[PDB]
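A structure with acetazolamide.
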Amino acid sequence: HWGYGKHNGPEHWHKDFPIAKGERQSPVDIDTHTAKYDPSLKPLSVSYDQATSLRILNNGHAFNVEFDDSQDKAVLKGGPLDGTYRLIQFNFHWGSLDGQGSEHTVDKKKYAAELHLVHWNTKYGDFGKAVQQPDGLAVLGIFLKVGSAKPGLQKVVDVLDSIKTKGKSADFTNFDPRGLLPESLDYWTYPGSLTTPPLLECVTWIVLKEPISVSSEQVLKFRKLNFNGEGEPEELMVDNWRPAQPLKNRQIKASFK
Ligand SMILES: CC(=O)Nc1nnc(S(N)(=O)=O)s1
Ligand SMILES: [Zn+2]
Ligand SMILES: [Zn+2]
């Protein structure tokens with residue numbers, strides 16, 4: 001089964017998922033001097049006030065917080081998007097050390113972790129259909145750097161102990177995702193893919209310029225999770241990030257100058 005180890009990591013994925021060597025793979029390195037400022041990009045519209053979180057789960061690769069996506073409660077629109085995109089989940093990627101952990105990089109700079117807020121285009125009916133379309137998903141990427149603590153992330157940090165191993169899940173209601181957003185919504189956007197198998201090329205990536213700060217104690221708790229299931233030899237869940245892929249003549253557009 002795929003993973004992030006020496007024998008089943010990113011460099012091996014192409015054997016089971018040939019699309020890994022595709023034309024629009026993610027993540028990528030964002031070269032800030034080559035990115036094109038596009039004055040026609042509209043501001044992002046994030047409406048998370050009616051968001052309903054359900055559970056938090058350790059899937060053996062990272063941990064996800066899932067939301068009720070049966071209605072337009074938490075949606076993303078505007079920016080480079082056409083139509084309404086419904087929030088379904090958010091997940092993180094982190095490193096074993098503070099100088100690595102993010103998937104996307106900015107001018108080769110790696111951040112301590114990266115948050116992904118996944119949304120699917122409502123015109124497709126369900127998430128399963130959306131992943132088969134070139135404009136099926138919109139993922140909002142937020143960088144995390146170590147500094148002062150992020151109050152809004154603490155609820156997540158505190159519950160990690162209950163979902164320590166692969167397969168564990170816990171009820172996680174009333175979590176407000178607005179507490180994870182940076183102050184500015186300036187962004188870079190480019191057409192890409194999911195960063196984990198099946199690596200489908202169905203994502204419009206929206207990467208925020210401004211990182212959020214989290215404390216050392218907060219990220220330390222992420223590193224306590226396990227890749228393994230209960231009762232198996234312990235493998236700490238760290239470095240669950242995919243390296244930057246070739247841009248291959250796609251253009252990264254910026255909403256700011
Ligand atoms: C069910 C679902 O959302 N799966 C995802 N797989 N990888 C994702 S990512 N890391 O690109 O956000 S989202
Ligand atoms: Zn799996
Ligand atoms: Zn992710």
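Starting from 1, each residue takes its place in the sequence as its number. Counting starts at 1 for both ligands and their atoms, following the listed order. For this deposited structure, the header notes the method as X-ray crystallography, 1.9 Å. Below, each value reflects all heavy atoms present in this structure, side chains not excepted, and no hydrogens, waters or symmetry copies.
- In this structure, the ligands or chains belonging to acetazolamide are ligand 1.
- The main partner of acetazolamide in this structure, judged by heavy-atom pairs under 4.5 Å and named as in UniProt, is Carbonic anhydrase 2.
- The single protein non-hydrogen atom nearest to atom 13 (S) of acetazolamide is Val118 CG2, 3.7 Å, given as residue, atom name and distance.
- In terms of N/O distances under 3.5 Å, acetazolamide is not approached by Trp205.
- With a 4.0 Å heavy-atom cut-off, acetazolamide is reached by the side chain of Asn91 but not by its N, CA, C or O.
- Interface of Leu194 with acetazolamide, defined as ligand atoms under 4.0 Å from a residue heavy atom, comprises 11 (O).
- Source organism (PDB entry) for chain A: Homo sapiens.
- Inside a radius of 4.0 Å around acetazolamide, the other ligands and ions present are ligand 3 (zinc ion).
- Distances from atom 3 (O) of acetazolamide to the heavy atoms of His61, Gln89, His119, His116 put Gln89 nearest.
- Of the protein's heavy atoms, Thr195 OG1, 2.9 Å lies nearest to atom 10 (N) of acetazolamide.
- Close contacts between acetazolamide and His93 involve ligand atoms 10 (N) [criterion: under 4.0 Å to a heavy atom].
- The contact region for acetazolamide on chain A lies mostly in UniProt domain Alpha-carbonic anhydrase.
- The atoms of acetazolamide that sit less than 4.0 Å from any heavy atom of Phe127 are 1 (C), 2 (C), 3 (O).
- With a cut-off of 4.0 Å on heavy-atom distance, the UniProt-listed substrate-binding residues of chain A close to acetazolamide are: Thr195, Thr196.
- Here the heavy atom of the protein found nearest to atom 7 (N) of acetazolamide is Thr196 OG1, 2.9 Å.
- Other-chain residues and nucleotides with a heavy atom under 4.0 Å from acetazolamide are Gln89, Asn91, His93, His116, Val118, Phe127, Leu194, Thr195, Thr196, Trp205.
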